[PDB]
J.: 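This is the structure I have questions about; it appears just below.
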Amino acid sequence: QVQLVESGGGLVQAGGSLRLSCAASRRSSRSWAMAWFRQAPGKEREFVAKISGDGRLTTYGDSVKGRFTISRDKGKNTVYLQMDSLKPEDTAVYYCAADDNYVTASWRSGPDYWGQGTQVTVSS
Ligand SMILES: CN(Cc1cnc2nc(N)nc(N)c2n1)c1ccc(C(=O)N[C@@H](CCC(=O)O)C(=O)O)cc1
Ligand code: NA
Ligand code: NA
């Protein structure tokens, strides 16, 4: 069925920016909260940011608040993660995910659909 696909990943110098995008193979008439998570070796996948189905509410993980911005565009059926002031510590595979519930979209188990990930590496 529905496939989420991340793009915009890369290898950039610290202090640089990237903008990730998550596109889907189909549109839904329903409300889906969307989220980004990241995973590095030696770690559990961790929540980074989420946005409610209507775009009005956003939450960020404590390590990225103020530096990253999540936003979504209905006409293009795409969700974005603007990542500024990148640090070495942000290096990870980033995944996008869709959840029918905004509260649980930050839980590892909450989302109903996940992409396969895009790699982001930040060199010092
Ligand atoms: C989660 N998702 C993808 C989805 C939804 N909203 C988004 N919104 C934005 N802004 N960006 C996205 N990448 C995005 N992706 C879905 C989930 C279900 C169906 C789906 O079940 N569609 C049925 C119809 C039932 C329906 O409309 O839900 C179909 O036949 O296409 C489609 C996309
Ligand atoms: Na929008
Ligand atoms: Na859910």
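In chain A, numbers come from the PDB entry; the residues present are 3-113, 119-131, in order. Below, all heavy atoms of this structure are taken into account, side chains as well, without hydrogens, waters or symmetry copies. First listed ligand is number 1; within each ligand, the first listed atom is number 1. Determined by X-ray crystallography, 1.7 Å, according to the entry header.
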J.: Quick check: what drug is at ligand 1?
T.: methotrexate
J.: If you rank chains by contacts with methotrexate, which one has the most, by name in the PDB entry?
T.: Anti-Methotrexate CDR1-3 Graft VHH
J.: Which residues form the binding site of methotrexate (heavy atoms under 4.0 Å)?
T.: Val4, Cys24, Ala25, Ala26, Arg28, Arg29, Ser30, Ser31, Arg32, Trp34, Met36, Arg74, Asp75, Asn79, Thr80, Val81, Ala100, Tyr120
J.: Please list the nearest protein heavy atom to atom 32 (C) of methotrexate with its residue and the distance rounded to 0.1 Å.
T.: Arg29 O, 3.4 Å
J.: Mark up the atoms of methotrexate that fall under 4.0 Å of a heavy atom belonging to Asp75, in ascending order.
T.: 10 (N)
J.: At what distance is the nearest protein heavy atom to atom 20 (C) of methotrexate, and which residue and atom is it?
T.: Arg32 NH2, 3.9 Å
J.: Does the entry name an organism for chain A, and if so, which one?
T.: Lama Glama
J.: Please indicate whether any nitrogen or oxygen in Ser31 is less than 3.5 Å from any nitrogen or oxygen in methotrexate.
T.: yes
J.: List the closest protein heavy-atom neighbour of atom 28 (O) of methotrexate: residue, atom name, distance to the nearest 0.1 Å.
T.: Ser30 OG, 2.7 Å
J.: Take atom 16 (C) of methotrexate and look for protein heavy atoms under 4.0 Å from it; say yes if you find one, no if not.
T.: yes
J.: If you have a sec, work out which protein heavy atom is nearest atom 10 (N) of methotrexate and how many Å separate them, to one decimal?
T.: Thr80 O, 3.2 Å
J.: Hey, is methotrexate close enough to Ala25 that some N/O pair sits below 3.5 Å?
T.: no
J.: Purely on distance, is any nitrogen or oxygen of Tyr120 under 3.5 Å from one on methotrexate?
T.: no
J.: So if I count the atoms of methotrexate from 1 in the order they appear, which ones are less than 4.0 Å from some heavy atom of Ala100?
T.: 1 (C)
J.: In terms of residue, atom name and distance, what is the protein heavy atom nearest to atom 13 (N) of methotrexate?
T.: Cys24 O, 3.1 Å
J.: Using a strict 4.0 Å cut-off to heavy atoms of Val81, name the atoms of methotrexate that fall inside it.
T.: 9 (C), 10 (N), 11 (N), 12 (C)
J.: Any nitrogen or oxygen of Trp34, main chain or side chain, under 3.5 Å from a nitrogen or oxygen of methotrexate?
T.: no
J.: Looking only at protein heavy atoms, which one is nearest to atom 2 (N) of methotrexate, and how far off is it?
T.: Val4 CG1, 3.9 Å
J.: Among all protein heavy atoms, pick the one closest to atom 8 (N) of methotrexate and tell me residue, atom and distance.
T.: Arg74 NH2, 3.0 Å
J.: For methotrexate, which other ligands or ions have an atom under 4.0 Å away?
T.: none
J.: Starting from atom 29 (C) of methotrexate, locate the nearest protein heavy atom and write down its residue, its atom name and how far away it is, to 0.1 Å.
T.: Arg28 NH1, 3.7 Å
